[PDB]
Peer 1: 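The structure's right below; bear with me while I get my questions together.
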Protein chains: 2
Amino acid sequence: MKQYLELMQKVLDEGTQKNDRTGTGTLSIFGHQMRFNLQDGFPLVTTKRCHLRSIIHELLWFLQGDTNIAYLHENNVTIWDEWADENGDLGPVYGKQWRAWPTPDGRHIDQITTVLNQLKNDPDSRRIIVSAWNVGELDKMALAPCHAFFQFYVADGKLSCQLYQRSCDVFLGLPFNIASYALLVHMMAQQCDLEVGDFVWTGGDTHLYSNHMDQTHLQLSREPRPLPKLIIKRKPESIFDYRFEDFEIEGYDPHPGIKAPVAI
Amino acid sequence: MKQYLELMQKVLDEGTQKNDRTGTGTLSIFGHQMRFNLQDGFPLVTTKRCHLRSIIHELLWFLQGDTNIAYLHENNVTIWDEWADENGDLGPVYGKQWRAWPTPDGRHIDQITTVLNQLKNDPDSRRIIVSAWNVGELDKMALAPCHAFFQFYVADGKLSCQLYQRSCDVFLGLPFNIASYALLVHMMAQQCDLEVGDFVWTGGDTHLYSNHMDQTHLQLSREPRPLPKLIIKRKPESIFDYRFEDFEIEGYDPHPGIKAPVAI
Ligand SMILES: C#CCN(Cc1ccc2[nH]c(N)nc(=O)c2c1)c1ccc(C(=O)N[C@@H](CCC(=O)O)C(=O)O)cc1
Ligand SMILES: C#CCN(Cc1ccc2[nH]c(N)nc(=O)c2c1)c1ccc(C(=O)N[C@@H](CCC(=O)O)C(=O)O)cc1
Ligand SMILES: *c1cc(=O)[nH]c(=O)n1[C@H]1C[C@H](O)[C@@H](COP(=O)(O)O)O1
Ligand SMILES: *c1cc(=O)[nH]c(=O)n1[C@H]1C[C@H](O)[C@@H](COP(=O)(O)O)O1
């Protein structure tokens with residue numbers, strides 16, 4: 001995508017060399033924003049082939065309130081393998097926080113149900129937020145939340161969403177993240193009888209790993225193609241009733257995929 | 001300031017009319033980001049006279065972990081009066097969350113001290129964050145956190161900070177929020193022996209209240225003056241030991257003040 005390739009180039013041009021947690025080294029910038037008019041098409045990267053099944057299953061897994069990779073494995077999704085324990089658990093990550101944020105007194109808050117009811121009963125609200133950044137359970141998570149905070153917004157019958165990503169691996173994670181959130185907005189809009197608006201992505205530490213330089217240069221030489229179109233084939237009784245089988249992508253004609261190692 | 005005045009014009013140029021919680025009505029845009037290089041000068045609005053006295057006291061109050069307006073009152077600051085109860089309490093708002101975020105297992109996390117330790121021992125960390133968005137305690141708060149989540153970053157010996165403000169009253173609140181955080185960055189940098197970098201402001205629902213329109217156009221007809229300079233006269237033993245008297249703002253020649261009603 002135009003704005004994705006531009007960020008990719010910006011990181012190369014203005015990035016500072018940093019020794020990161022993995023000891024791999026990164027080139028990074030701090031503070032960046034992008035906006036995607038979802039009406040213009042589904043923001044799935046065309047300069048390299050991305051696989052929807054992993055994106056879709058991870059999102060459905062999140063909405064289930066699940067934190068164990070078992071489900072992901074039943075569907076051949078291996079993206080979280082390197083951080084799960086002997087028992088396949090990742091800790092109280094995204095899924096647990098979305099559906100059952102634990103209160104200090106033992107209760108649990110379901111942020112997704114709250115958000116649904118807000119979009120339906122009070123769309124003008126400036127508090128339609130979901131946060132995965134639970135400070136009191138951070139030490140129990142396999143990896144701290146990358147996409148950690150998002151807010152919904154409704155104007156002119158259109159639903160927009162802004163994500164704050166504290167840490168962003170531009171080559172591997174960013175394409176997944178954008179598509180995952182674009183997808184959720186479509187599901188939310190469908191469940192709330194709203195049209196899709198914009199997806200605004202805001203990043204904190206935005207980086208390119210040193211061992212992704214070749215892959216980046218390769219990708220930067222490819223011309224972006226027209227964005228695909230998402231089609232939801234069924235309308236479930238609720239936001240928790242979607243299945244992988246309900247999503248179809250039309251007109252996705254990307255450039256060949258590019259392989260790259262993950263920083264553990 | 002140039003960045004601030006451009007934002008106002010943007011809200012006016014592409015904002016949508018929205019109804020709101022206060023019943024006032026607003027002109028609103030969703031998603032915006034601006035950057036202030038702190039080395040260029042202290043970002044205190046010059047197109048209208050701002051009162052640094054209240055900005056400073058509110059910040060020291062936050063750092064103390066206080067949520068009762070008594071302290072503010074003994075210092076003649078009345079900015080939080082309309083939301084305080086009979087006892088002057090605001091509930092577990094900013095001060096409490098920054099200094100004592102309650103965990104489900106009975107602990108309390110001091111996010112300010114943790115951040116300070118991170119800046120000293122692991123400045124390259126991508127997790128130097130402070131969150132006021134405690135989902136489990138939102139129901140006890142007089143008003144949900146407007147400036148809800150901020151992240152620090154270090155590069156080239158300079159300290160940067162990005163704030164995600166979920167709701168923003170452009171005319172009244174924003175000048176306060178910008179100066180407040182720029183002040184926090186200076187204090188943090190002085191404690192960690194770092195230079196001041198950039199302050200990146202990101203907003204969710206950014207709006208102008210319907211009853212601030214005349215004031216807004218009056219302000220926009222003014223030319224910004226040179227930014228003032230911030231001088232810290234002492235280096236306290238801890239970030240919690242600053243006093244109002246340690247700060248001095250020089251070269252501040254603002255245009256006349258413009259009064260506007262606050263929406264409760
Ligand atoms: C974001 C996110 C979720 N995640 C989780 C997640 C967890 C830790 C991380 N760590 C680092 N260093 N970068 C990441 O982007 C990252 C992402 C992902 C994990 C792996 C792949 C990945 O290896 N992608 C391959 C496809 C492999 C496959 O289809 O199985 C690719 O080339 O695209 C993508 C996303
Ligand atoms: C942000 C923030 C902190 N706060 C708290 C705070 C709480 C609720 C809010 N509610 C609304 N609708 N807008 C706000 O900006 C806002 C701000 C402020 C509160 C009041 C003023 C205010 O009345 N502005 C006058 C100040 C006069 C005085 O000093 O007493 C001004 O002309 O600036 C500014 C900041
Ligand atoms: C985390 C997972 C995700 O959804 N998106 C991402 O891009 N990432 C990346 C960021 C970073 O490279 C690594 C997480 O490491 P850290 O916690 O920031 O040190 O995965
Ligand atoms: C809240 C407090 C602050 O520091 N700064 C702000 O700009 N505000 C504003 C935002 C909004 O106009 C109102 C809070 O209302 P709501 O919770 O968003 O409905 O005060």
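In what follows, chains are A, B, ... by sequence order, proteins preceding strands, each numbered from 1. Whatever order the structure lists them in is the order used to number ligands and atoms, beginning at 1. Looking at the header, which is where the method is noted, we find X-ray crystallography, 2.0 Å.
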Peer 1: Out of interest, what does the PDB call the drug at ligand 2?
Peer 2: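 Its PDB name is CB3717.
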Peer 1: Can you help me out? I need the name, per the PDB entry, of the chain with the largest number of contacts to CB3717 (ligand 2).
Peer 2: thymidylate synthase
Peer 1: Could you give me the letters of the other chains with a heavy atom under 4.0 Å from CB3717 (ligand 2)? Thanks!
Peer 2: B
Peer 1: Pick whichever of B:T22, B:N177, B:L172, B:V170 has a heavy atom sitting closest to atom 25 (C) of CB3717 (ligand 2).
Peer 2: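 Among B:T22, B:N177, B:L172, B:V170, the closest heavy atom to atom 25 (C) of CB3717 (ligand 2) comes from B:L172.
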Peer 1: State which residues of chain B, listed by UniProt as binding dUMP, have a non-hydrogen atom closer than 4.0 Å to CB3717 (ligand 2).
Peer 2: B:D169, B:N177, B:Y209
Peer 1: Would you check the N or O atoms of B:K48, main chain and side chain alike, for any that come under 3.5 Å of an N or O of CB3717 (ligand 2)?
Peer 2: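 No - when backbone and side-chain N and O of B:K48 are compared with those of CB3717 (ligand 2), no distance drops under 3.5 Å.
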Peer 1: Checking contacts now, so for atom 27 (C) of CB3717 (ligand 2), which I'm interested in, is there any protein heavy atom under 4.0 Å?
Peer 2: no
Peer 1: Mind checking whether B:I79 contacts CB3717 (ligand 2) via backbone (N, CA, C, O), side chain (CB onward), both or neither, at a 4.0 Å heavy-atom cut-off?
Peer 2: both
Peer 1: Relative to CB3717 (ligand 2), which UniProt active-site residue of chain B is closest, and at what minimum heavy-atom distance to the nearest 1 Å?
Peer 2: B:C146, 6 Å
Peer 1: Quick check: does B:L143 get an N/O under 3.5 Å from an N/O on CB3717 (ligand 2)?
Peer 2: no
Peer 1: What residues line the site of CB3717 (ligand 2) at a non-hydrogen cut-off of 4.0 Å?
Peer 2: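 Going by non-hydrogen atoms, it's B:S54, B:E58, B:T78, B:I79, B:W80, B:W83, B:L143, B:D169, B:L172, B:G173, B:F176, B:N177, B:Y209, B:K259, B:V262, B:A263.
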